[PDB]
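Here is the structure we will look at, set down as structure tokens.
Lettering follows sequence order; numbering is per chain, from 1. Only heavy atoms go into these numbers, but all of them, side chains included; no hydrogens, no water, no symmetry mates. First listed ligand is number 1; within each ligand, the first listed atom is number 1.
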2 protein chains.
Amino acid sequence: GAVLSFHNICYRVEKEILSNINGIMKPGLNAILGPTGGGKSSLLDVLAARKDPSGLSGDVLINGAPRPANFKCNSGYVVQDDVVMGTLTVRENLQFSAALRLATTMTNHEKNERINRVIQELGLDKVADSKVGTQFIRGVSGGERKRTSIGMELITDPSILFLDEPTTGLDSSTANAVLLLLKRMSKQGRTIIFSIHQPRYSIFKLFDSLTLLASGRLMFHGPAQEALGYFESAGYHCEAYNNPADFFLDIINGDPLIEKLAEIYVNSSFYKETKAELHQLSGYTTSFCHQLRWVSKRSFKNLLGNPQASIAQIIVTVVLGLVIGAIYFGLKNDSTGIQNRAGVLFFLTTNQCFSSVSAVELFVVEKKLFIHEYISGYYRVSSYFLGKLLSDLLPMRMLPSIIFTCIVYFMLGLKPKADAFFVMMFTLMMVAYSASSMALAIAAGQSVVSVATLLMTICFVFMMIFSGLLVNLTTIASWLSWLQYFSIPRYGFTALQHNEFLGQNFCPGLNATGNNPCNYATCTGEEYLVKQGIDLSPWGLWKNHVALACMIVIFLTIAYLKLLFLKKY
Amino acid sequence: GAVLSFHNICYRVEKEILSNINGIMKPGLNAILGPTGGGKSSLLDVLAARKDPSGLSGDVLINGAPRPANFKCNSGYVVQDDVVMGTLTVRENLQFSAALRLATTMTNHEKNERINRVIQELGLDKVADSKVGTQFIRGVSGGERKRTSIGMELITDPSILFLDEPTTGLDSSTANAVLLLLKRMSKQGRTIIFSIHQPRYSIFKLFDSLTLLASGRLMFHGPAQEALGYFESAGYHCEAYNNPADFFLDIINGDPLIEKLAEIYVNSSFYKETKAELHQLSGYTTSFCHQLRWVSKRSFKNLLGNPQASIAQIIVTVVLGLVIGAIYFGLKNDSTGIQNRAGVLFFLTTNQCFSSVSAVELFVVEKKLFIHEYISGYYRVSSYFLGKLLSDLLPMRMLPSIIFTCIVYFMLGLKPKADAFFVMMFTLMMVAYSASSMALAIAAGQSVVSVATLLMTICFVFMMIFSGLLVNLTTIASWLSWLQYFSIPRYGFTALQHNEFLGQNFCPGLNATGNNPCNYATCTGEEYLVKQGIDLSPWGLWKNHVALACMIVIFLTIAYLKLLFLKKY
Ligand SMILES: COc1cc2c(cc1OC)CN(CCc1ccc(NC(=O)c3cc(OC)c(OC)cc3NC(=O)c3cnc4ccccc4c3)cc1)CC2
Ligand SMILES: Nc1ncnc2c1ncn2[C@@H]1O[C@H](COP(=O)(O)OP(=O)(O)OP(=O)(O)O)[C@@H](O)[C@H]1O
Ligand SMILES: Nc1ncnc2c1ncn2[C@@H]1O[C@H](COP(=O)(O)OP(=O)(O)OP(=O)(O)O)[C@@H](O)[C@H]1O
Ligand SMILES: CC(C)CCC[C@@H](C)[C@H]1CC[C@H]2[C@@H]3CC=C4C[C@@H](O)CC[C@]4(C)[C@H]3CC[C@]12C
Ligand SMILES: CC(C)CCC[C@@H](C)[C@H]1CC[C@H]2[C@@H]3CC=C4C[C@@H](O)CC[C@]4(C)[C@H]3CC[C@]12C
């Protein structure tokens, strides 16, 4: 089997969370234990290479050789809080893990067989076709979600398996079942390493090695059955009916003292034996397209499975379209035509911009999962980015524009030509994409959403002021005019105006015989446009669209760089 | 001491969470134990009268007499999740509790002495002058927050003290310290009643009575020390090094069975003895002004202590004011004057309306605390409502209007008279108050905020469309025009227009010699107003303000009725 032998570890983050730690984790159900403040999860990550190598200051050595570069890929790790996708079926999650982790050369049949074997081992065949739990509804119980995570890691038939708090939040019976399962797995020769919180003695009866850590020091390392003898030799005695694990924790808590216990251990025989043994010992798979395909499939399944956001979006869009069609129904080429036309176009543009502050949740929600799967070697960050965009951002931002136009354009009696119709659709879509892209660039690489939302709203108000309606941009001062070139709504609104007002007459019965509209009348659309600053040449419309495209590219690239320079360790 | 003797309890919510429960809770450290699904907190609330009496179907009797009407006031209850105010100092929270609970007749000196005694008993004198923990920063540790809650309840020197999960989320040492404190309190003759989750044997060694509940049935009731003997007599045996509490939970879990255990208990000697004993036994302070003063003081201290919301509000308001002053600087009486003036007024109005969707959090956040203190008899709901409004809603909604006007009115070159200036200020304030009041009426009596926020935004968009700028209300159809009378921004915007445009000329160099402005020019403000539907008489402005006031009153009354008919039990 595998023999993971740490030695003289010291990790500096210059607070030193772990001071001096040596041991050997032979095959079996090895364990790590101690108070919450003690560096147990930290040590676990150190052994699994999930922590920045800079602070590390010791020699980790497996089976007599230094850790291979591909270690994380050939050794599983199970996070504390399950990251499985509730909106998917158990077998679907295992299938995703199998498809990306296992080699491409293998056939789909072999991978399906392996998945069946794993489900059989973990006893999940009952729920192999059930939802894993949206947490709005729970297709499976907590224990089965945990077993599913363990299965995802087990797909590649790992030799070394790390776990963090495998029994936390579970009921006593569920925890016992999980740990008995781990004991069965270890009997096969698989080295299991894990951390726990105040285990029961039925659980503690099953261990093969113990590692007790407090304030970053090694109180004990050796066979669990003999830990009680060691402490009793130290003088501390355990009354019956008291769980020995709690007894160790009491001894640590003093119910300073901790350094005294460390000194005792260094004087111990176990330490000498372990040190002698240590000195004796010292003596991507897949292509880009495949990753993109699979992550996009998973994202779309989640998108469908969670109907709240999508369905609410479509319904609100339709209702707004119908209401606006009723209110602005039958626009007239009279004194009030200009007001209503500009108003509706402004409203549509702002609705597209302000309805995209819900894109912050795209990457904020799935930060932990992305980090875990990137470290574990599932996929690159490029494939995650493009697949997630192509599955979530593209369709649900393209739809509202189509709904709005199809509903309003004919109820409102806007221009009857088709070239104008599709320009309206394209312009609204580009506004939505650019706004959502900006939201991504602002929200990417963040775990808190509120700050991002506030920032987006503030930015959008300051953009809205510089839209043509409220301010008459020709009037703004020169030292402030240049900010108008940073506004998405300005480009969209200007394009829509240039599409609609051109070739419209708003002075009925002028008769042009006196030929005097007083020069204060705004009797034509061209005149209104030039008075608002717009350009009547065909270049104006297309330059607005061009600017929107450039903003899209800029913001998406920023988001990618923010993900690629995120702290993943 | 006190002797709380329940008997033949049965509670129906017609799922019957509690089936049949009898016992006697003599003075000391009585306890309630069992699985999470078991009705332990439910039984606790039943005994403390925190549950609707309708479902209850048994006789609760204290010291031989039925529960007095003023029981909740003379018996403390400690909620699971601490409700203390982080933004206050420990002694301040205890002072608030002392001021409202203790009688008015007492002097302040006596109440201060009592507070000092309580702090001395609980050993909080060290942190008597420290912040209780915003959870952005923690002035005190979790154990001290818990001790503070217990002190708030202890102020009135209660005879009967109920607790719920006093050790959940605490560390082992902290939990032991808390329970040892409770043991010290009980040694003085105070009946303590509480519920716990998987206690340690060091804790379990301290009890005086035990009540084991599973699936709403009484597995055991008697001395804790003898529970192990009872179960061993039943046949189930406990291996050493196993916590007896976990042993009982295992027996319940089967590691149906539960009904079998209930049958055993009914056959037991303890049940017969308890039944015989039971049959033998059966054989506002303060004035309104005081409550208002104290709750308002606490609310203002919290408002100051948490600077995020307030300071961000002021800063954003100032920045917007300066930006708008720069952009619209020097309004001119030319063709573009009308556009810019209407735009800025519309923007200010909408900013006041849309910045008030942050008032939903006023009562949403503090629902649990309000319910707890109302049941416990601290204050009426009227005083809470008025004090909370008078402390939070009034000043922070009045300030932005003043900032906006003082900043913009002179940079923009609006009307130079003062009567107009103060009308602008008053109108903006009333808009803010009415909008916040509507948000309260929508959010009061809710624990989820997101739905309220979405509703508020939707309402405000539909209000905005019917503002005069985008739609030319004179044009809307008759069967839809009547909705314009439900819009706050319409009233505010109309009032501002009527204040500004009156007596303004927007056609420079007309010379009035030809006297022909083409009738399409809008050469005067009065003409613009009449074309938009407004009335030039003085009544229009004041009727808009009147409507806003009526909306304020309506919505506030609705909020009060929603709080007064909330489910507090
Ligand atoms: C610290 O400082 C501040 C903090 C906060 C606020 C204000 C502050 O300081 C002031 C107010 N927060 C409100 C959060 C929020 C989010 C989304 C919306 N929903 C739309 O905004 C909208 C949606 C449309 O369709 C869905 C639409 O279609 C036409 C037009 C829309 N909005 C406008 O037109 C408009 C105009 N002015 C505004 C001024 C301030 C805030 C929002 C404004 C919105 C509204 C409010 C919360 C925190
Ligand atoms: N990246 C980091 N930066 C600063 N301090 C850290 C970092 N990682 C760990 N620490 C410190 O190391 C100590 C050990 O924390 P540890 O990881 O053991 O938490 P834990 O509660 O034991 O984990 P678990 O959630 O499994 O119980 C903590 O006091 C923590 O402040
Ligand atoms: N108001 C209510 N309406 C419907 N069911 C209720 C209500 N109150 C309690 N119950 C039911 O009673 C059962 C007992 O819940 P209980 O109050 O014991 O929760 P608990 O987890 O034991 O409390 P704690 O948070 O202290 O652990 C639950 O199954 C719950 O569904
Ligand atoms: C880092 C962030 C702010 C990106 C900001 C990029 C903005 C300011 C840039 C991106 C592309 C740019 C546009 C590219 C093309 C043209 C056509 C030209 O004849 C007028 C300016 C105009 C319309 C530019 C305005 C400024 C612009 C929109
Ligand atoms: C229950 C909720 C919706 C409260 C809604 C109340 C609204 C619709 C009511 C409250 C007071 C009312 C106003 C009372 C007085 C006047 C003066 C009158 O010459 C024109 C109508 C006008 C301006 C009313 C319009 C409708 C109004 C604003």
Quick one: do you know the drug at ligand 1?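 That's tariquidar.
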Name in UniProt of the chain with the most heavy-atom contacts to tariquidar?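 The main binding partner here is Broad substrate specificity ATP-binding cassette transporter ABCG2.
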Which other chains are heavy-atom neighbours of tariquidar at a cut-off of 4.0 Å?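 Other chains with a heavy atom that close: A, B.
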I'd love a list of the residues lining tariquidar within 4.0 Å - heavy atoms, by chain and number.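 The heavy-atom cut-off picks out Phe347(A), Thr350(A), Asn351(A), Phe354(A), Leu454(A), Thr457(A), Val461(A), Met464(A), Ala312(B), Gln313(B), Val316(B), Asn351(B), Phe354(B), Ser355(B), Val357(B), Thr457(B), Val461(B), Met464(B).
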So, going by heavy atoms and a 4.0 Å cut-off, which residues UniProt tags as ATP-binding in chain B does tariquidar reach?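 UniProt binders with a heavy atom in range: none.
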For tariquidar, which UniProt-numbered transmembrane segments of chain B (counting from the N terminus) have a heavy atom within less than 4.0 Å?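 Non-hydrogen atoms under 4.0 Å from tariquidar turn up, by UniProt numbering, in 1, 2, 5.
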Write down the UniProt domain of chain B that holds the majority of residues in contact with tariquidar.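 The UniProt domain in question is ABC transmembrane type-2.
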